[PDB]
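Heading - plinabulin complexed with Tubulin beta-2B chain
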Amino acid sequence: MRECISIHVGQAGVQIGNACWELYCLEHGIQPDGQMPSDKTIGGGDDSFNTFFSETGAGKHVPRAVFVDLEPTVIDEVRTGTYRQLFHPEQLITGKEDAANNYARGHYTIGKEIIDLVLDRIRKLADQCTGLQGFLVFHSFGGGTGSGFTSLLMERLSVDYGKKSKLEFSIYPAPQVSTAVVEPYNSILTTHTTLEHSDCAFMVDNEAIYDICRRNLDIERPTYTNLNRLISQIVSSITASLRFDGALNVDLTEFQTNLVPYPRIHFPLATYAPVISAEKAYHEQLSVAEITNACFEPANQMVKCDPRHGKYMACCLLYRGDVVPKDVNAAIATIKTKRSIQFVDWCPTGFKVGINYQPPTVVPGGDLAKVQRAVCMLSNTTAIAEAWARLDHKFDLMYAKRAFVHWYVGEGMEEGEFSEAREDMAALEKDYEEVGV
Amino acid sequence: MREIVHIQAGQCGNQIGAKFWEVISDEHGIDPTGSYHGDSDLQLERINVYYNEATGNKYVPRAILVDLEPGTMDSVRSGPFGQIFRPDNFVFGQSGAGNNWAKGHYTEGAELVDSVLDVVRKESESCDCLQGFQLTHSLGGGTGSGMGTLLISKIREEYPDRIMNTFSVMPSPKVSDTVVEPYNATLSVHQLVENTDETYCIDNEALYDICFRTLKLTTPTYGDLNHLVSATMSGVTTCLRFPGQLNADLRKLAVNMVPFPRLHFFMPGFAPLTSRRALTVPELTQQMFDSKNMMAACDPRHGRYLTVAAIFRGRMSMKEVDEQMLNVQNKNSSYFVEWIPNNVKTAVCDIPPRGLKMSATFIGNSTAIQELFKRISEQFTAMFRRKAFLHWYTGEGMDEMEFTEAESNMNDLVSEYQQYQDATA
Amino acid sequence: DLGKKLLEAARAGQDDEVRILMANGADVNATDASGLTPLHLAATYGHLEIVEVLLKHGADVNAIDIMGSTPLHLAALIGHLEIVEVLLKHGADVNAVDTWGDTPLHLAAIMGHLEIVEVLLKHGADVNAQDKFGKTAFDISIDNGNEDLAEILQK
Ligand SMILES: Nc1nc2c(ncn2[C@@H]2O[C@H](COP(=O)(O)OP(=O)(O)OP(=O)(O)O)[C@@H](O)[C@H]2O)c(=O)[nH]1
Ligand SMILES: Nc1nc2c(ncn2[C@@H]2O[C@H](COP(=O)(O)OP(=O)(O)O)[C@@H](O)[C@H]2O)c(=O)[nH]1
Ligand SMILES: CC(C)(C)c1[nH]cnc1/C=c1\[nH]c(=O)/c(=C/c2ccccc2)[nH]c1=O
Ligand SMILES: [Mg+2]
């Protein structure tokens, strides 16, 4: 048992974190006050769920989680929500004045006022660990805190925890549910400064999640609540292997081994099925073949892109529920013949498979029907570079006119950082092009 | 950040400022004695943005009242909510400014400004996390224009890290006491270009045209004009007083509205335009973008939108709002610059204003605002070429080159707007 | 030299002082350094009775300063309607052009003096007169969106 610390930065990271830990508690049988009747070792243990929860002498199971924001509105809701007693109160950390959708404020001027406290509080959690393996960092690309403070924190964590893995869950901007015109800037700036410091990053395209809510869950105008419960379902499917017994992705290092062939191309595409409206409680159950085929349908992807015009470097299937291994193998065999799924010539072409036989969990207030079996496919495809191309294009349109740049230069950033970041993104798009061959 | 500090300067500034406090006090359930007798808990959730809480559940506007003329402070105090303001926050002289920017900026105004700053400092010191400042004033007089811009410069120096927004009333011969108003406004605009983050251009030319031509008021009064102004100011501050779910202070809104620091002069609009049935969402959207609804006398179809914000208030289909906002950008895509992607943003507040179930407030950052500045510049130049009444300003120490400088800065601003109106991606 | 004193009395609206200086030989057509006469100054500052007095005692209604401004230009610019009427009655050139190519009609239009625009038109103001940028008064009213003025300028 080696511990993992989850860090949630900015509004998006905090609100998604709240949804994730609610679901985690449900999956492990933990109550909102931290009690876990099924855990018969009171005040301690080394079970798989202890990677994410510590224990107090009173039987309280406490998330290994830190929440950070530069204004208090969102974290104040955690302090008073259903799970107000779950977290370490000192691991909920807020400033007074936010980054105003300005990367430079989050990274330089405002972020610098709280970074040392955040690191000292993370150190307190790390000191609790017998064998810390690393960090899971949740944040938006588009916010000034999610972009700028996350980059600052990742830089500092690399210095203070040199051998620890750092994984990201990053919210990629969609104008349908955003009011930040400068998000393309913040997105490129944080990607440039974080690339060296992140070992694996799962982008979540808000437009993809929006589409799924509208099309599969029949929600006309998705709220952040709708988006976050779906995102939390997918995050849980990705982190389950760290929290339960299993054979695939059993620690943070293995995520990199399985999904990241070399360090800069570290952005796997997640695809999740099935997503069924809770109104359809009596849906006929889908087969292993059906949910597996669904993983290669663009409609179920977490990021909008077309893997049919890219190359695969890695493919892992993480099943949950009533899934017989022989049926997975036959479905995979069918996938290769029916579909055109092209791998690069230097990687093994086999699909790695994990099965967690516990039925998937849904939150009662959620929009999802219970299902007997579900699957999250994690692939590293060059097609995800289309997501970078879209961001880089919006960046270029605005930067050609230097629109909004004065806000950043007035908050501790040199103007040269814009072109430095954009050149790094150009090199990243070239990295994908060269791997695509 | 939460608190805003409000300053109102001069006759116009205090008149529209008083109406602002009447209107938002009613919206928040605050009576003229500062007592809260509202009905909804949402009325108090963000009350601290504009009100200090005193003893006995008493709310006091965070407002400073300034004038070189004593009479104006008397008229505000006798107004409906006159007794609601902090008596020590009245800072007035006795001489007046005589519609002379120079007197407001260099003479009588300079002698009074430090007293105003002392009150500002006292209000700022008691804020948990000050967002910044809002100032109401006219540009055509002497106190609001000359002393108002002096106050802005002094505040910018002392609070460089705080947002400074103005509601600035632009002069028009249609509502005019004197031909020196173009002087006073031109001298003021250079100050606003350098020292404010956002300026709402409240154009008396547009206000008059709305009342006379749209509302059919044969003889518009200041009260008629100010009815439009208070509706606009209520709508522009709604996102800070009833934030609902948006998480945005003044700075975050300025970041997303102002792509170039000097080009921060906004065209406000409001629907429905009324004088003292409910519209549909399509009607709200159509009227908001209509030139006749603009509170600045500029034709938006003569320029391009850099950014647009729109605040809908009332019970309405969020989806329908999205469809209508989409339709406007699609049918008229050429009037929104293509090099600022997704540059039109909207919010919906469930709580409607007084007397209306459906309303919308428009905030346009359009290059067409150059038409307003060209109008003032042409009048300024007509007067300045004949050197008319310059000795009223040179007599207060001003130099003729200061007029030349103001003319040049004005036309540089116009040139800057034209540059981005013709730009392409 | 009573010329400078008459210029100042005319500018300041010192009616009794204007009468005294003229009675003692003051030059009614004195000029300051820029060529402005007492009549220019009285017309600029709105002193109607002084405008009348000067015209009754030999003032040149169409005198120009160094920039080509006539008294009518200045009354039309500042907006003194009664003075505009008096100047026209005493033979002011309704279409005098200054060094910027402006006529009185241009200046009344720019400054929004709508009653003065109507009077000038009635006295034969040239709707086709172009300033140095090619603009007639009507062009100014269309360019600046002054629908009330544009309507007046069409007759
Ligand atoms: N899926 C999801 N996206 C969110 C949420 N909150 C914000 N987003 C998006 O994140 C971006 C805005 O960044 P925020 O996270 O709100 O900003 P922040 O990190 O708090 O930084 P500042 O407020 O600028 O200091 C937009 O793209 C939002 O659509 C959320 O709860 N869930
Ligand atoms: N819309 C509006 N304009 C006003 C008001 N009062 C004065 N003005 C306008 O403001 C200008 C005169 O400035 P004023 O505020 O009276 O002078 P100050 O006291 O020296 O600041 C003119 O353009 C007037 O038309 C008012 O109550 N409402
Ligand atoms: C998303 C939305 C519509 C809220 C938005 N996006 C960018 N701007 C705004 C609105 C405003 N933007 C502003 O800058 C604004 C300024 C203000 C607010 C209160 C008092 C004085 C000025 N008031 C607003 O309502
Ligand atoms: Mg935030």
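Chain letters follow the order of the sequence lines: the first is A, the second B, and so on. Residue numbering for chain A follows the PDB entry, covering 1-437 in order. By the numbers in the PDB entry, the shown part of chain B spans 1-42, 45-278, 284-360, 369-440. Chain C is numbered as in the PDB entry, which gives 13-167 for the residues shown. Values reported hereafter were calculated over all heavy atoms of this structure, with side chains retained and with hydrogens, waters and symmetry mates removed. First listed ligand is number 1; within each ligand, the first listed atom is number 1.
- Mapped onto the model, all copies of plinabulin cover ligand 3.
- Other chains within heavy-atom reach of plinabulin, distance under 4.0 Å: A, B.
- The set of residues with a heavy atom less than 4.0 Å from plinabulin is A:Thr179, B:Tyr52, B:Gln136, B:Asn167, B:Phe169, B:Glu200, B:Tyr202, B:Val238, B:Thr239, B:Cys241, B:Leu242, B:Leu248, B:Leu252, B:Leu255, B:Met259, B:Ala316, B:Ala317, B:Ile318, B:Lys352, B:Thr353, B:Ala354, B:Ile378.
- In terms of protein heavy-atom proximity, atom 14 (O) of plinabulin is closest to B:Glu200 OE2, 2.6 Å.
- In terms of protein heavy-atom proximity, atom 19 (C) of plinabulin is nearest to B:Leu242 CD1, 3.3 Å.
- Looking at the UniProt GTP-binding residues of chain B, I find a heavy atom under 4.0 Å from plinabulin for none of them.
- As recorded in the PDB, the name for chain A is Tubulin alpha-1B chain.
- Nearest protein neighbour of atom 7 (C) of plinabulin, counting heavy atoms only, is B:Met259 CG, 3.7 Å.
- Taking atom 15 (C) of plinabulin as the reference point, the nearest protein heavy-atom neighbour is B:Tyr202 OH, 2.9 Å.
- The shortest contact between atom 5 (C) of plinabulin and any protein heavy atom is with B:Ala316 CB, 3.7 Å.
- The nearest heavy-atom contact from the protein to atom 22 (C) of plinabulin is B:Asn167 ND2, 3.4 Å.
- With hydrogens left out, the protein atom closest to atom 3 (C) of plinabulin is B:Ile318 CD1, 3.4 Å, a heavy atom.
- The deposit credits the origin of chain B to Bos taurus.
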